[PDB]
Novice: 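Structure: MFS-type transporter SLC18B1 in complex with tetrabenazine.
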Amino acid sequence: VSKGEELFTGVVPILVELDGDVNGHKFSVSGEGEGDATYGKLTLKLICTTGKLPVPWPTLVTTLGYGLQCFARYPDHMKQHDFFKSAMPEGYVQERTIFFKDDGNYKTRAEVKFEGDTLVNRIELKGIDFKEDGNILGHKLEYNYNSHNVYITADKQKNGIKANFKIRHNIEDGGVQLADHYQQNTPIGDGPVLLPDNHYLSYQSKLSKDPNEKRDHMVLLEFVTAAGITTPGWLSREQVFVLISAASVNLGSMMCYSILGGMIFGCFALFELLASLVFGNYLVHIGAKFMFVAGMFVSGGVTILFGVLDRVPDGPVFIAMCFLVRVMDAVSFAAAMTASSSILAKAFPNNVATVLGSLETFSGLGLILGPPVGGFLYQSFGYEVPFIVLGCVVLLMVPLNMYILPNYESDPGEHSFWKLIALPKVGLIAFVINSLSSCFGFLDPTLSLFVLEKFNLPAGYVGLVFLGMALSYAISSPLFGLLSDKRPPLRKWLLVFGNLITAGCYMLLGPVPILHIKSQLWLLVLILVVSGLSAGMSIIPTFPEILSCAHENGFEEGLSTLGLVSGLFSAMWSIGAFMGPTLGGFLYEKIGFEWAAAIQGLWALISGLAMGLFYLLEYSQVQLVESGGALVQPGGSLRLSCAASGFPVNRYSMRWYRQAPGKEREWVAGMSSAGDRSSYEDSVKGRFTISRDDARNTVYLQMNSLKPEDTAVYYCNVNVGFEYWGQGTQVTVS
Ligand SMILES: COc1cc2c(cc1OC)[C@@H]1CC(=O)[C@H](CC(C)C)CN1CC2
């Protein structure tokens, strides 16, 4: 960790100038924009002042967009290898030599300095031996750009770094143009710079235009990450810190709710919805740590003051005290839930479902700890006593959470609440979770009445079967959390099937007089256990799906979006808990439990079918799938098929790539937009044939007159703004 790391904790306004010559034609370009090193984001708007560019803009993307490598996000084992922020309070120099294949050369000198607030980059360019009928001077490069890798090794002799990479530009005729880049980077101002190990950076890029501008300009978007040296594999300090804290909080709150769980019941959810929405909307202004500790302090205060109601005289003071205890319990649980969910969403970015499943398992393992020590404290000390013993142990666990938790700081976002809530998929998520919470709230009060009226057992076995259903939920939560984490497209399927199995469970809850099924005990207990498993298999994949839809819509990453999605999760669980018991009790007094369970299960079933119909109707995502790999004797003939998913083939160009073992990727052939022009390598010239078919949205490559040289893995390449690849097929010849 260096001193210049602290400078890049925010947004940086950046300014770029270039002056260069190409065969006597001189140009000067100037640009402005922003950078963000927390996530690796660069956005520039770049305008010429001299006039027309005889050279294409993708030739200058590698000079201006790669000219600011200081906004690279490094993971926690790569902060030791940061060089760019090490010398940034004074500045560095970067010299680059670019060899275009079968054409001339660029040589650039650039200096990147930090003047005032702004970051300044000055570039001088020299261009040597360009043909007039070439891809560069003839304006033959497509107006999009590809994703790349940049490899950096160290250099002790100049205390700097040296990087090598290649850039594949697309030409309009179908082919590609290769540009090989060699750069050397050196500090100027004697700063303690970190000479790194061998590593590399991955660049995603995007290129567009501002439509209101009528000059010559480019809008450039850069995503950067860094890798190359593998992790130790075990956790960090902050992650074990937040796991111990969240586990202890979840244990304490669960056992507090288990040991002591109309106007006040509904106004409780009425304040709970508002508290969840307000805490979701304003979280960075309060902070995750402060709101964690505040929610735990108010929760412990509530469970201390719950014993005092026996010494409060009956009258207006009893109402004015129980009301305040009810609303403080509501806002304390809301604040603690949203704070814990947001901080664990930030702490584990890729493994978000596994942590939530593990905390659900610890909540179950803590609620099964209630009866023995609870009976010890009840028939050993008394009844006023166990609540204040619980309050003492929670208020002694609180300063640990004051000591341990890190200080995450962020800035307010660019969008609002109302843009997030207006998505269709999010509304269907909310409707599914309303069905689940309403089924749970209906299952609360009438089960004890049904057991007492039919089977003649008291509330002890009602609590026992509640324990069994919670245990099935606790077992089924982390496994399907791990399954939803590891496989992305199975997550939405587990969302649909969970609600469908839950609906089947609530229809088997009440034996329908049409269906002729008899009532007994172990069948009922088993259906409740399977209902717990279905609820667990549904509820865990909800939060990552809302996160994926939020990042897919275009919300900027940070803590604002995590806070909003956690607040919406708590809000939907609040409005479901509200809607559930009132409709369940109304249906129980009106028509009976037997049809009430059927109507509730049918509600859940139509919720799941609406979800499944939205998935069956409006799904589309860019994908390339391939087929045609086998083993053929030399001199044979083959056909390879690349089937696309979510773009028109007749409006975009297509490329075919190949790779040999122990060798880099090589371009084979390319097919343009209009379908009349094709491009080939001389090793596949006259032999390989490319074809398309826009009716079935598929492209094909046919081969004849085989050689042992063409044993390779073949790939299919598009660019629809981003670069998308395929999994490849193995083609072997003898
Ligand atoms: C009566 O309202 C409440 C109902 C419930 C809970 C808390 C309540 O408030 C005290 C807990 C909360 C979560 O930890 C768990 C449920 C999800 C919201 C993650 C476990 N459940 C049972 C339902």
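Heads up, chain A uses the PDB entry numbers, so what you see runs 2-262, 280-752. Basis for what follows: all heavy atoms, side chains included, without hydrogens, waters or symmetry-related copies. This deposition comes from electron microscopy, 3.3 Å. Just so you know, ligand 1 is whichever comes first in the structure, and atom 1 is the first atom listed for that ligand.
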Novice: Provide the transmembrane segments of chain A per UniProt, counted from the N terminus, that have any non-hydrogen atom under 4.0 Å from tetrabenazine.
Specialist: 1, 4, 11
Novice: Which residues would you count as binding tetrabenazine, with heavy atoms within 4.0 Å?
Specialist: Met255, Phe351, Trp591
